[PDB]
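The chain called A is the first sequence line; B is the second; the pattern continues. The residues of chain A that appear here are 10-124 by the PDB entry count, in order. So for chain B, numbering is the PDB entry's, and the shown residues are 10-124, in order. For chain C, we keep the numbers from the PDB entry: what you see runs 10-124, in order. All chain D residue numbers match the PDB entry; in order, they span 10-124. Both backbone and side-chain heavy atoms feed into the values below; hydrogens, waters and symmetry mates do not. Both counts, for ligands and for their atoms, begin at 1 and track the order of listing. Structure method, as recorded: X-ray crystallography, 2.0 Å.
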Protein chains: 4
Amino acid sequence: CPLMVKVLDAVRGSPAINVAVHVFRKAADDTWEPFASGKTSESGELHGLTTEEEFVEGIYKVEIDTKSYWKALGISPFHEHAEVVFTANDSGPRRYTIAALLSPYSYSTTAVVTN
Amino acid sequence: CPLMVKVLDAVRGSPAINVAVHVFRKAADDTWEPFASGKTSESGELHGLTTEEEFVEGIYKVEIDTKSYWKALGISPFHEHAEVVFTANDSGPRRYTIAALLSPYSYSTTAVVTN
Amino acid sequence: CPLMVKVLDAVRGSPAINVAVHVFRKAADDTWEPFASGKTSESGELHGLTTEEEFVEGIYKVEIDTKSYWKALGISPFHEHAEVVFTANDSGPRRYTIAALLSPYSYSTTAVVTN
Amino acid sequence: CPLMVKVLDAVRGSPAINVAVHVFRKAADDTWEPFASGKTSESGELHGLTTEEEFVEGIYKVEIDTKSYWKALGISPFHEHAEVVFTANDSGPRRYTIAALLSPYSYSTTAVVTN
Ligand SMILES: O=C(O)c1cc(-c2ccc(F)cc2F)ccc1O
Ligand SMILES: O=C(O)c1cc(-c2ccc(F)cc2F)ccc1O
Ligand SMILES: [Ca+2]
Ligand SMILES: [Ca+2]
Ligand SMILES: [Ca+2]
Ligand SMILES: [Ca+2]
């Protein structure tokens, strides 16, 4: 699968499980159309978001519902969500992993692009 | 100064200078109203975005134009921008520092909220 | 395997491959004795460092040779290495993943502890 | 002030106050000589560690006592400390800011080097 998401919890030192993730693609009219979504597994990973045929070049937005994650744990969060926006460009075979590390008042995200 | 933004460059180990920052506020009709904008200084800091009177309760979006930053350095970056979304002043006025650390394929953001 | 290391490159958006990793355990005389070592694979992962029988409770040090990594890429690094020091404590079945995200002037590390 | 340290708490979104910081310098006999130490202030900043005259070229180690910080907050953290090791002033005197962002199972560190 060409697009995978991984979410970690920096407070409990664990995968962030059951985190809702929504993927949008930028449309011609510059609005965000829903493209794919899911929830992270017990490993904190979300697989099977899309397929190679559907994942074309374009501008994508990945919204991670961090606020619901923290509220389910009884921990007070700062952000409404974590939003990752990027251009996917074919430059040879590419697989994208979007990884996020979450704290109540901070998040880090990084992209791992492999052949 | 109720809202301040600080941006660092993890590649060169320096302040990220002249980074454009745009602040939006969610309006009654659920759209993003432009609220304030500016550029980081030579210290990587952006002061004077707003005032105590203007910075009311609401949902705010801080969009840091990381892509233009890297491209001005001749680097093709992964993200379009770094976007921080949060509810402000829900329990009275606070002072918010939004700090961002930038790499071409990664960023971290953190919030410092003081009374 | 009870202890795994994963290293990512925030500049190129990729696994950090062929990164030397050394594990030390704190000895009775408070000196660091060599315990295990290896190099990250093409996925940026180092498996097979130790076994369940050998990985007892104690204070461990994980040294990641970030400086050699950056020098092999022709990129100017700040740190001599990335060093992660922690106490491993049996509290039920535990597997430890030490993950590191590298930039020339910054690194992040996090621990993922799972059952 | 050639060497400054700043520490933030990613859980509470605040400066990490009263964090002990110890600086060592690698000696001729390849041991770590104690060089300077202090505690972060109410702003999370530690100033006045050393002087321009005392901060000569060398390999330095900044050990941030994160464990005592979390334990004073009643939290059992993963790391013993956060340790930053770097060669300083190799091409003349520089000003170094060592910034650290803390979570119970994670930390990030970054260096800001200015002339
Ligand atoms: O920016 C982040 O979200 C991040 C992600 C990782 C990470 C990435 C991929 C993976 F398979 C495991 C990880 F811990 C490791 C460190 C890190 O800061
Ligand atoms: O998440 C981030 O954006 C981040 C921020 C800092 C940091 C905090 C305070 C400061 F004055 C400068 C900084 F880089 C240090 C590390 C880091 O990952
Ligand atoms: Ca193209
Ligand atoms: Ca209110
Ligand atoms: Ca025990
Ligand atoms: Ca010299």
Which drug molecule has been modeled at ligand 1? diflunisal
Which chain forms the chief contact surface with diflunisal (ligand 1), and what is its name in UniProt? Transthyretin
Which other chains get a heavy atom nearer than 4.0 Å to diflunisal (ligand 1)? A, C
I need the residues around diflunisal (ligand 1) for my notes - heavy atoms within 4.0 Å, please. A:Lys15, A:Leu17, A:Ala108, A:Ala109, A:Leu110, A:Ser117, A:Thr118, A:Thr119, C:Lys15, C:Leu17, C:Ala108, C:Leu110
Atoms of diflunisal (ligand 1) less than 4.0 Å from A:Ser117 heavy atoms? 1 (O), 2 (C), 3 (O)
With heavy atoms of A:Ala109 as the reference, note each atom of diflunisal (ligand 1) found under 4.0 Å away. 3 (O)
Within a distance under 4.0 Å of any heavy atom of A:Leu17, pick out the atoms of diflunisal (ligand 1) and give their elements. 14 (F)
Which residue and non-hydrogen atom of the protein lie closest to atom 3 (O) of diflunisal (ligand 1), and at what distance in Å? A:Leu110 N, 2.8 Å
Contact atoms of diflunisal (ligand 1), heavy-atom distance to C:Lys15 under 4.0 Å: 10 (C), 11 (F), 12 (C)
Distance under 4.0 Å to a non-hydrogen atom of A:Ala108: what atoms of diflunisal (ligand 1) satisfy this? 2 (C), 3 (O), 5 (C), 8 (C)
List the residues that UniProt gives as binding L-thyroxine in chain A and that have a heavy atom under 4.0 Å from diflunisal (ligand 1). A:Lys15, A:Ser117
